[PDB]
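Alpha-ketoglutarate-dependent sulfate ester dioxygenase bound by FG-2216.
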Amino acid sequence: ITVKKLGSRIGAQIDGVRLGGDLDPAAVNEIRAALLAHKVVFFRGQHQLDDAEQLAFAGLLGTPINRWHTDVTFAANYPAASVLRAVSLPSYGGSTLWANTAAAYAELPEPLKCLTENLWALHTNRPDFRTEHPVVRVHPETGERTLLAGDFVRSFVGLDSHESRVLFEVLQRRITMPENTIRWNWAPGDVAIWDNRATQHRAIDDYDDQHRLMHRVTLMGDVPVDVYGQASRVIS
Amino acid sequence: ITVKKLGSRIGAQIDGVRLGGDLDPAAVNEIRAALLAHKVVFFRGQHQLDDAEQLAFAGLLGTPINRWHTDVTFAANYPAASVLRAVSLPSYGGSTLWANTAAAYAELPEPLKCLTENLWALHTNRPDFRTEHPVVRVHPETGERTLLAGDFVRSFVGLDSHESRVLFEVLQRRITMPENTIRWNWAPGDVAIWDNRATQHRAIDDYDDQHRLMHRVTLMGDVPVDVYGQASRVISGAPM
Amino acid sequence: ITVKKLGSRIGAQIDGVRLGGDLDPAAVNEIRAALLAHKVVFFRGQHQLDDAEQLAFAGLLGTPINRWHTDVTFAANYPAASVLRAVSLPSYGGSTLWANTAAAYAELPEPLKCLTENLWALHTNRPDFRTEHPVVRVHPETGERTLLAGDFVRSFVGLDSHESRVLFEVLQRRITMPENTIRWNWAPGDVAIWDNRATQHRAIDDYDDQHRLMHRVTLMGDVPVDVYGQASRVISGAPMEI
Amino acid sequence: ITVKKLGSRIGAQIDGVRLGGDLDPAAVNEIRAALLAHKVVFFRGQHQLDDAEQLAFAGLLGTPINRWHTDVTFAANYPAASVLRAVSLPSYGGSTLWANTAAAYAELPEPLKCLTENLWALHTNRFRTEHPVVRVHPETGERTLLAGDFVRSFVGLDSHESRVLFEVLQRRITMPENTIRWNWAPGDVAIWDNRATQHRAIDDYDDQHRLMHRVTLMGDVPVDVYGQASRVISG
Ligand SMILES: O=C(O)CNC(=O)c1nc(Cl)c2ccccc2c1O
Ligand code: NI
Ligand code: NI
Ligand code: NI
Ligand code: NI
């Protein structure tokens, strides 16, 4: 079970594993360890997988349930991870991006850390769901500080509309800087696992009207907490 | 001596005082108190003041030496205050703007305080002066925090070009909010005194190609210190 | 009747006129001419005016009915001008800002004219009025081109959120530039008249929470037309009546 | 001899051709067509190349001489295309991005076309040259956005506006749907049309070594839609 490093700050490929429900404990711990470290992990050659096999494999890692986003951040208890499989890919394009929000934080100048540590964003959906998340959250498992932003961010608490947009785009520019991202060229039998609590992702609509079907199993999450132990606030 | 507020966050007009080199200590203590409190103070009908009589008066406040700026912040020990007198005005226009950078800091959300308190800016003169000032200085006399920025800020330390211009303009917008500024319509024999340690100012070129003349006496200042007690840093040049 | 510039781009003071319904028709022509030329005009020491006499004077100019805005641009036929009179001023502060959107357009570099001439904007009251105005309207009387924007602007047609807000701030920066504005220190008896088809205005809340009250009389305006001659489009809400 | 589409707006892979001076002109015409259509073209498994044989193939196209840029736009007669080859790659990362500035222009809302057609940018290195923001491509006749990180300012606009409009343009240009990210493998060769693209290196390999051999071709002076050519300030 080798783990190939793809990029300096994000992405790893994992060889010598056949994803499925009947897997070894020691194997799973290598996967989680690689997931937490590299934020998104990839599995080639997984042509054995159907839905039920992918769902059973997800059950080991946790509890099963365009533009840059963390999935469902308008909700308070937003997903921990996702297992995504290709079933039907187009003849060209259809690649996907991931960004490491843990490394994003780490590389912030200390002034911007000061800012973000104490900053809170209003996440919403465009049935109206509203959550105030901290822009910085501590990762339950790794204890890493990770920026929490993305396209569900409506505004920052306290700041006016102009300041919100401007500061928002400042963070996203760092979060999605090419060095801090990985772009995956999907082939059949590929499976990506990403930590939704330390990443943003983005689909790319570069395959025209071609069909592109994927199968996604999303693991259960938990309410974020900032560096002062403050958890997220609900409204709607 | 009576002092009248002009706006809620800045400006005061002081009557009952003829400015000159020979003034009562108690009176100059009331002027300074008003200057520190209101950041800019205006004197009507000071027709007796010529260059020499102005220079004298300024010497009771300290030691004698268009875009929103704080005067000469590309130097480490930039001036504390200035006395500006009108002599030849235009027939219309030619007002001047002042911004209270102390009230600006106070109005900030806590997130932007965190930022500004720890943010440091490189001020330059496009002689090659270069100075790393804090974005927040503690005022030597009032102890108030004041935002230190303006048109001499080339960049912020640790941030790139884009982040800099972005945050620069975010700060300047809050500083130059109309409610945090005052526009002075110059009449002849008007004298303005402003605290350069707690303000920005801007001249308005709305008098076409008419002649304009003012007389400025600028006072010696000290090196700023951040909220932790760290001084500004001379990269190039020498103190004033 | 004298009319005095208060600035190169905007503002003028008019003295030598007792305002009221019994005004000399030739004097009204000079008022109107000044208003169109200088965008906002001020009268000092008009202590004789009241609600009734102001409304009467207004009727000679046209038909009667904080942050930078043109008045009620969320409607299609937004006012042509307004007459504003002080009744009760605070002891300090309370000054008001005007910006010249005609001068603003004139100063635009050619590329930015290309953009603005061809740019439309959705205005809204944040009742549910929603209107697509041109960012440049041709002025009925003067024939001048004026930038039409302000705080009611929600977005620009054909452009996404980021682009819209970015370009919006580009224009507002030019409009509200100090050179292109005037700030009025209100005294009792002061009256201000401005052309709402060629200006934005902004109240300044720099008087804490002291008591302030003005009285305003607003005139009827027409629907803006772009340089090509296309008129503003109503999406929701009725035009202004009376 | 086949050419495969990599993404809707940009990117092509050309398989079944050995690059070098020893190539049928008929193949060169099929390669040039792809380069003009797809803006960047990729050759897998070109293990048998070297500095001499890359240069010979570059001559068949024309006349031989990190952040989002078009190469050497501070110059006026800046390059037409480049042939880049991997000689020694890091163990991980080292990818490169290309953006299609022709597709960028086409996607613009009509108001932004008004602007960009009439807009001019001062390009510089930290030489100086005033280029049109929209150039007409000499071969294809397509209108392409011309910007990148050599742009200091736009002619007639102040610093703030220039800066703020610049990011509006670059944001569209570098929109993922308009780009391609290439994972470099041994013996890979890319040719890109520098007149219709931007490119960006990705420094995501810590302190590792990515040696690349580039061969750049001669390119003519840009012209705007009105026919006005670029003005040189500092030659
Ligand atoms: O005092 C002033 O600056 C004049 N006020 C206005 O033009 C004005 N405009 C609008 Cl759109 C509103 C809108 C709502 C309430 C008061 C308003 C107002 O006084
Ligand atoms: Ni998603
Ligand atoms: Ni100055
Ligand atoms: Ni109004
Ligand atoms: Ni290059």
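Note: chain IDs run A, B, ... matching the order in which the sequence lines appear. Here the PDB entry sets the residue numbers for chain A, with the shown residues being 4-68, 94-154, 177-286 in order. Sequence positions for chain B are given in the PDB entry numbering; the residues included correspond to 4-68, 94-154, 177-290, in order. Note that chain C carries the PDB entry numbering, so the residues on display, from first to last, are 4-68, 94-154, 177-292. We're sticking with the PDB entry numbering for chain D, so the shown stretch reads 4-68, 94-154, 179-287, in order. The deposited model was determined using X-ray crystallography, 2.4 Å. In listed order, ligands and their atoms are each counted from 1.
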What ligand or chain labels cover FG-2216 here? ligand 1
Would you pull out the other chains with a heavy atom less than 4.0 Å from FG-2216 (ligand 1)? C
Binding-site residues: FG-2216 (ligand 1), 4.0 Å heavy-atom cut-off: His97(C), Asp99(C), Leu112(C), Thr124(C), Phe202(C), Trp244(C), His251(C)
Atoms of FG-2216 (ligand 1) less than 4.0 Å from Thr124(C) heavy atoms? 3 (O)
Suppose we measure from atom 17 (C) of FG-2216 (ligand 1) to each protein heavy atom; which comes out shortest, and what is that distance? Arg266(C) NH2, 4.4 Å
For atom 2 (C) of FG-2216 (ligand 1), which protein heavy atom lies nearest, and how many Å away is it? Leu112(C) CD2, 4.2 Å
Which other ligands or ions in this structure are less than 4.0 Å from FG-2216 (ligand 1)? ligand 4 (nickel (II) ion)
Can you check whether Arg262(C) has an N/O within less than 3.5 Å of an N/O in FG-2216 (ligand 1)? no
I'm curious how FG-2216 (ligand 1) sits relative to the natural ligand site. Which residues UniProt lists as binding Fe cation in chain C have a heavy atom closer than 4.0 Å to it? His97(C), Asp99(C), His251(C)
Any idea which protein heavy atom is nearest atom 9 (N) of FG-2216 (ligand 1), and the distance to it? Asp99(C) OD1, 2.6 Å
Which residues of chain C does UniProt mark as 2-oxoglutarate-binding that also come under 4.0 Å from FG-2216 (ligand 1) by heavy-atom distance? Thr124(C)
So, is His97(C) polar-close to FG-2216 (ligand 1), with some N/O to N/O distance under 3.5 Å? yes
Do protein heavy atoms approach atom 6 (C) of FG-2216 (ligand 1) to less than 4.0 Å? yes
